[PDB]
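Encoded as structure tokens, the structure appears first; notes follow it.
By the PDB entry numbering, chain A shows 28-490, in order. Counting convention: from 1, in listed order, for ligands and their atoms alike. Note that these values count all heavy atoms, side chains included, but never hydrogens, waters or copies made by symmetry.
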Amino acid sequence: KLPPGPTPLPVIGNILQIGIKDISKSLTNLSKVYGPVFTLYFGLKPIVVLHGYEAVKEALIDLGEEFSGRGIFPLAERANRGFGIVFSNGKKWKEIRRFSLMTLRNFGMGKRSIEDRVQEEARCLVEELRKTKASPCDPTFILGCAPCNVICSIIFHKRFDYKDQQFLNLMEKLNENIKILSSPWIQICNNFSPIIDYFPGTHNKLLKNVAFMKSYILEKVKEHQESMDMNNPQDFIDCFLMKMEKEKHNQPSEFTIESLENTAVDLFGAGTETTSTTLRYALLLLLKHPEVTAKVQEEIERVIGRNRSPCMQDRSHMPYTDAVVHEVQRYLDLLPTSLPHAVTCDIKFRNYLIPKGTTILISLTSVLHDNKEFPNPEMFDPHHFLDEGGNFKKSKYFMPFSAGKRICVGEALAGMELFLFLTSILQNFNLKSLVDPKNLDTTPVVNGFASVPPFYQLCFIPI
Ligand code: HEM
Ligand SMILES: CCCCc1nc(Cl)c(CO)n1Cc1ccc(-c2ccccc2-c2nn[nH]n2)cc1
Ligand SMILES: CCCCc1nc(Cl)c(CO)n1Cc1ccc(-c2ccccc2-c2nn[nH]n2)cc1
Ligand SMILES: [K+]
């Protein structure tokens, strides 16, 4: 049958007993009772939860194809959210994902590499930092721009100026949708009502914000159709139009202008907020543990010097910095339950049978915070990624990107962003707090699965 769970009440399921304030903890509490595989009910739709490395691994990896579905919630439909990569399934997903991974290969869109676009953004980020002239500063915004401009460059070949109103407009919409999408009312509560949309104004705001962004993308597309050069694809859209020309005589086809739009919005969405937030917390953690900072800096000075930019080759000569970046992601656990999965067919799992179409919830927390792979997993300590001689120590428990067939598409892109932005900031600046290090809180604030950092200010002191 289904794995066992705590008894649900007719209709509301186990709903009125979950800590919507911190679902992760709730899951972890239950696991304390029902073990690593347990069942829950969300107003009648069963959801199997997987907790702990073993169960996540043999699910996502060993039965990878079977667990490769994306769980669908009303919201997916309420915000027209299932038409690109993140919220797709079947043929559509496989085709668009696979093509998207090929095109975001470092050298997948022409002679200009992804690393080179990031490298440029690292320089612009540092310039903007300088322009603050060491005065206090809330970097929430700037750190939001950098990644966004990276997605822009990957998709439009254009980067913007931190003050180009056009950019500032896009950011705003992005930021609005993100903040909205992050409300518990929208993520959870509204997904109890499968038929009735209880927040129509909101979904309407979301959709309008989407339309503005799709409409802007469609302008770029036109500009790209007129300037096409079949031997010199320069960005994601180029590649996507070329794949379209190849699918001519393969209709109906997954690749259309509609899907390009939807895929591009997914990319803007997914490639801007999580990185941005990871960087924003990273700076905060570095203010709090300034001996970590000084160690990153000793590595940078010695391996990279100050003449040139950091580049990805340096990361292998910088085991301590790399440990720092890993540990930031492990410690933050920014997507504690990944995104929802669904089984792709009827399956046997351990003692139990899971019927095709059942939502699966992966507790990334339980892997990231394994208190044996990572002693005192709730403390920030880069030593969790270092061996006895201060060499880099990999961990099969390092899944901030999830695992298996759905592993984040931006995994390599996030990794370049973090390493190059962080090392470029710390190459050109020291960090200074207002309040005393040993004072401010670095523990993630969390909501509707939402993980945000407190407000804080700091100064960027030129080196
Ligand atoms: C630190 C930054 C990031 C983290 C921690 C992160 C993490 C994740 C996670 C946990 C998933 C869900 C995997 C699952 O379905 O089980 C995911 C999916 C995804 N991420 Fe990221 N991500 C990050 C940045 C990015 C970036 C920069 C992009 C750029 C394109 C991106 C694009 C995606 C996409 C498209 C998916 C959907 C994959 C699919 O369902 O096939 N992410 N990410
Ligand atoms: C109905 C079509 C209007 C669409 C829309 N475009 C934008 Cl732009 C605005 C700003 O509020 N809006 C309206 C708006 C109205 C109230 C909400 C909202 C805010 C907080 C808590 C619940 C509500 C809500 N949403 N739907 N019903 N009540 C959000 C969007
Ligand atoms: C102006 C456009 C902003 C981005 C955007 N707004 C809308 Cl509505 C969509 C539909 O998915 N999207 C695409 C989307 C894809 C992934 C996310 C995402 C980003 C960081 C952290 C969590 C999520 C998320 N979205 N849903 N569940 N988790 C946000 C937006
Ligand atoms: K209303």
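- Of the candidates trifluoperazine, losartan, toceranib, the one located at ligand 3 is losartan.
- Here the macromolecule with the greatest number of atom pairs within 4.5 Å of losartan (ligand 3) is listed in the PDB entry as Cytochrome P450 2C9.
- For atom 26 (N) of losartan (ligand 3), the choice among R108, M198, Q214, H230 with the nearest heavy atom turns out to be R108.
- Remark: losartan (ligand 3) atoms within the under-4.0 Å shell around heavy atoms of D293 are 13 (C), 15 (C).
- Residue-ligand proximity, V237 to losartan (ligand 3), at heavy-atom distances under 4.0 Å covers atoms 7 (C), 8 (Cl).
- Taking a distance limit of 4.0 Å, we find that atom 18 (C) of losartan (ligand 3) is approached by no protein heavy atom.
- Of all protein heavy atoms, the one lying nearest to atom 4 (C) of losartan (ligand 3) is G296 CA, 3.7 Å.
- Close N/O approach between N204 and losartan (ligand 3) is found [any backbone or side-chain N/O within under 3.5 Å].
- The shortest N/O to N/O separation between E300 and losartan (ligand 3) does not fall below 3.5 Å.
- For losartan (ligand 3) and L366, the ligand atoms under 4.0 Å from any heavy atom of the residue are 27 (N), 28 (N).
- For chain A, a heavy atom less than 4.0 Å from losartan (ligand 3) occurs in none of the UniProt heme-binding residues.
- Heavy atoms under 4.0 Å from losartan (ligand 3) belong to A106, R108, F114, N204, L233, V237, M240, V292, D293, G296, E300, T301, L366.
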